[PDB]
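Index from 1, following the sequence. Each ligand, and each atom within it, is numbered from 1 in the order the structure gives.
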Amino acid sequence: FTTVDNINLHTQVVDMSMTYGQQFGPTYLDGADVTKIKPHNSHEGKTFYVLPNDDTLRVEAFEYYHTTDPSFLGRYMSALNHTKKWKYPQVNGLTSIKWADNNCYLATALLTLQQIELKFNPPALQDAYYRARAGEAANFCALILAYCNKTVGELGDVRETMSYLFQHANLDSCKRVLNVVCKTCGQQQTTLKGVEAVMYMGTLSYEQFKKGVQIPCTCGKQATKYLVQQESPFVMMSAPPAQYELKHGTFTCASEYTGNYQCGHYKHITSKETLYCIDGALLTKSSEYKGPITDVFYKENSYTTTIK
Ligand SMILES: Nc1ccc2cc3ccc(N)cc3nc2c1
Ligand SMILES: Nc1ccc2cc3ccc(N)cc3nc2c1
Ligand SMILES: Nc1ccc2cc3ccc(N)cc3nc2c1
Ligand SMILES: [Zn+2]
């Protein structure tokens with residue numbers, strides 16, 4: 001049969017005698033590009049993916065992936081063909097990835113997602129992610145790449161990745177309320193719902209954000225932003241990478257990034273019965289940790305401030 005999602009099969013195949021070179025639009029047996037080949041006896045009955053190019057396919061594809069972008073399922077299949085060949089060790093019970101093709105950012109992403117409460121909207125993500133959590137994460141990875149519109153081998157940012165991915169989860173009952181106090185301009189409160197309710201960029205410390213954090217006011221001058229209320233299952237605090245101390249028990253996990261713009265390397269840190277650094281397939285444990293951190297994730301429930 002022919003498919004776009006592998007749940008819905010259309011045996012509009014030529015199963016017993018084709019032999020015009022895969023005149024089915026682009027085709028893909030098990031994620032290998034087979035567009036330009038005539039069929040090999042032992043094919044009849046296996047399932048080939050094809051690009052959604054009639055009204056009926058474009059629907060099922062949209063319902064499954066939650067985009068209609070045509071190049072999507074191409075870029076997906078492209079990436080799958082590589083990520084199928086990466087290895088996915090469990091480390092301390094989490095699915096990670098053996099380094100290949102600058103995949104460090106994807107490893108870190110993957111590791112964080114297994115540690116954070118999300119529900120993805122597109123069935124494809126929900127599906128893929130279950131498999132990932134279970135150890136076989138080639139699809140999940142291929143999808144993530146297609147969704148962020150990056151190709152295997154191209155360098156990636158973990159914050160940018162999560163950001164895209166959160167576009168596709170159910171965060172709508174997530175709420176953040178901020179107050180900005182200016183000496184001359186007085187106060188100014190702000191409510192954020194959805195993705196922007198869970199992400200801050202400028203400080204790593206959640207404590208510091210509750211205590212208050214100096215920012216330039218819109219008049220130019222000296223103000224304090226603080227978190228008045230938070231309702232979400234986690235928060236993600238980010239900044240440009242800087243030497244930072246992670247203390248046990250006080251965050252859930254974090255991504256560090258050492259290197260520079262052209263060459264660098266992400267590792268994942270997670271606070272358990274000790275601090276575990278997971279660096280693709282590698283694992284080390286220490287009681288201290290200081291290092292160039294870029295993103296920290298905290299478990300949240302509901303928080304309200306007590307600042308008068
Ligand atoms: N992995 C990396 C590496 C360098 C980075 C430099 C940055 C500078 C400004 C900003 N707002 C975010 C950044 N994030 C980075 C993330
Ligand atoms: N893997 C990498 C390497 C360099 C990077 C440099 C950055 C500069 C600004 C920004 N906002 C994000 C960045 N992310 C990076 C991610
Ligand atoms: N300071 C640095 C700079 C670049 C780096 C590039 C890497 C690539 C793969 C890998 N497994 C580890 C790396 N560590 C780096 C450490
Ligand atoms: Zn002001």
Query - Name in UniProt of main chain bound to ligand 3 - result: Papain-like protease nsp3
Query raised in the report: What drug shows up at ligand 3?
Result: proflavine
Query - Residues near proflavine (ligand 3), heavy-atom distance under 4.0 Å - result: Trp99, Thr258, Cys263, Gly264, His265
Query raised in the report: Which UniProt active-site residue of chain A has the minimal heavy-atom contact distance to proflavine (ligand 3), and what is that distance to one Å?
Result: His265, 3 Å
Requested in this report: Provide the organism of origin for chain A from the PDB annotation.
Outcome: Severe acute respiratory syndrome coronavirus 2
Query raised in the report: In chain A, which UniProt domain contains the majority of residues contacting proflavine (ligand 3)?
Result: Peptidase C16
